[PDB]
Amino acid sequence: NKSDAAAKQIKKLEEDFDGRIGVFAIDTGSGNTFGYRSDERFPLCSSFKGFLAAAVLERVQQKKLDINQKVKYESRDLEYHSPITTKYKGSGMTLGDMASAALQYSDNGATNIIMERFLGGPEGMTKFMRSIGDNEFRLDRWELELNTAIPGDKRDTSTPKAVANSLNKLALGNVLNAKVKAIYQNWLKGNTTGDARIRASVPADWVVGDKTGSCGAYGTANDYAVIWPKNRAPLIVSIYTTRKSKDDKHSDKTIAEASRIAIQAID
Ligand SMILES: *C(=O)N1C[C@H](NOS(=O)(=O)O)C=C(C)[C@H]1C(N)=O
Ligand SMILES: [Cl-]
């Protein structure tokens, strides 16, 4: 019933903006799920940086990396949108700071430095995802080439369900031990780019940790969140959108609204 009505609303929403919305949402307290195009592929854009940070933490937990190790790059030409790395260029940053910059600010320099030195590049990032049983995820290119969002291109894509499940594994499951998962969770909660997406869809008193992506082509954008309501179990929401034309702007309000609908369906 509620599921049928939610489906109709997403559909109207995708027609209203001549685009494509994929949704997966889970109420971890009740088991309730909702999916719309949940097994279809969508560009990840910046949203994979949330997982890159999870990979970094797993490496620290396995003791291959130290969270306070210094990462120096004084002579590295930084990629476009390196707001955090560019201010620490002189002195370097700790591993954990760079990784949380990758997540919380979408820092492209942080991203590509981490993939280059600690994670084995895009194939290594893909391998990490495979290792938690995510068969859908792939990253193939570096920042910024990975953001082309060309329709019909499987490169740098995933599905909403796989995103949701993976997040549930990393933020809520036991890939990460209690102490390291707490940190990951805090990184998610302090994300600075998601105010007009999933966070906008929920009472202000609910706690959200999220990671957004905005390819800036084909109107492509997304957000995934763990959500802690008061006196209830966490929710997981995954929202992915594209648009028909290359020049199309992304719509924060469609994302926020698809989130409202996904949440109402599962609650
Ligand atoms: C990632 O997709 N980015 C980085 C930046 N952050 O906004 S986002 O977190 O919503 O993505 C902005 C972008 C337009 C995009 C990029 N530069 O690739
Ligand atoms: Cl590179």
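In chain A, numbers come from the PDB entry; the residues present are 1-267, in order. Counting convention: from 1, in listed order, for ligands and their atoms alike. So how was this one determined? The header says X-ray crystallography, 2.3 Å. Heavy-atom basis, side chains included; hydrogens, waters and symmetry copies ignored.
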- Provide the recorded name of the drug at ligand 1. durlobactam (bound form)
- Which partner chain accounts for the most atom contacts with durlobactam (bound form, ligand 1), named as in UniProt? Beta-lactamase SME-1
Write out the residue and atom name of the closest protein heavy atom to atom 5 (C) of durlobactam (bound form, ligand 1), then the distance separating them to 0.1 Å. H81 NE2, 3.6 Å
Point to revise | Minimum heavy-atom distance, durlobactam (bound form, ligand 1) to UniProt active-site residues of chain A | key: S46, 1 Å
ask   = Does any N or O atom in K49 lie less than 3.5 angstrom from one in durlobactam (bound form, ligand 1), N or O only?
value = no
Identify which residues UniProt lists as binding beta-lactam in chain A have a non-hydrogen atom closer than 4.0 Å to durlobactam (bound form, ligand 1). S46, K49, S106, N108, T212
**OP:** With heavy atoms under 4.0 Å as the rule, classify the contact between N147 and durlobactam (bound form, ligand 1) as side chain, backbone, both or neither.
**Re:** side chain
Self-check item: Covalent anchor of durlobactam (bound form, ligand 1)
Solution: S46 OG
Closest approach of any protein heavy atom to atom 1 (C) of durlobactam (bound form, ligand 1), naming residue and atom: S46 OG, 1.3 Å
Taking 4.0 angstrom as the limit and counting only heavy atoms of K211, give me the atoms of durlobactam (bound form, ligand 1) inside it, by number and element.
9 (O)
* Structural part of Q104 in contact with durlobactam (bound form, ligand 1), heavy atom criterion under 4.0 angstrom -> neither
Closer than 4.0 Å to some heavy atom of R197 - which atoms of durlobactam (bound form, ligand 1) meet that?
10 (O)
Query - Organism, chain A, PDB record - result: Serratia marcescens
Checklist entry - Where is the nearest protein heavy atom to atom 11 (O) of durlobactam (bound form, ligand 1): which residue, which atom, and how far? => result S214 N, 3.0 Å
Any idea which residues from other chains are within 4.0 Å of durlobactam (bound form, ligand 1), non-hydrogen atoms only?
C45, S46, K49, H81, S106, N108, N147, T193, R197, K211, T212, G213, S214
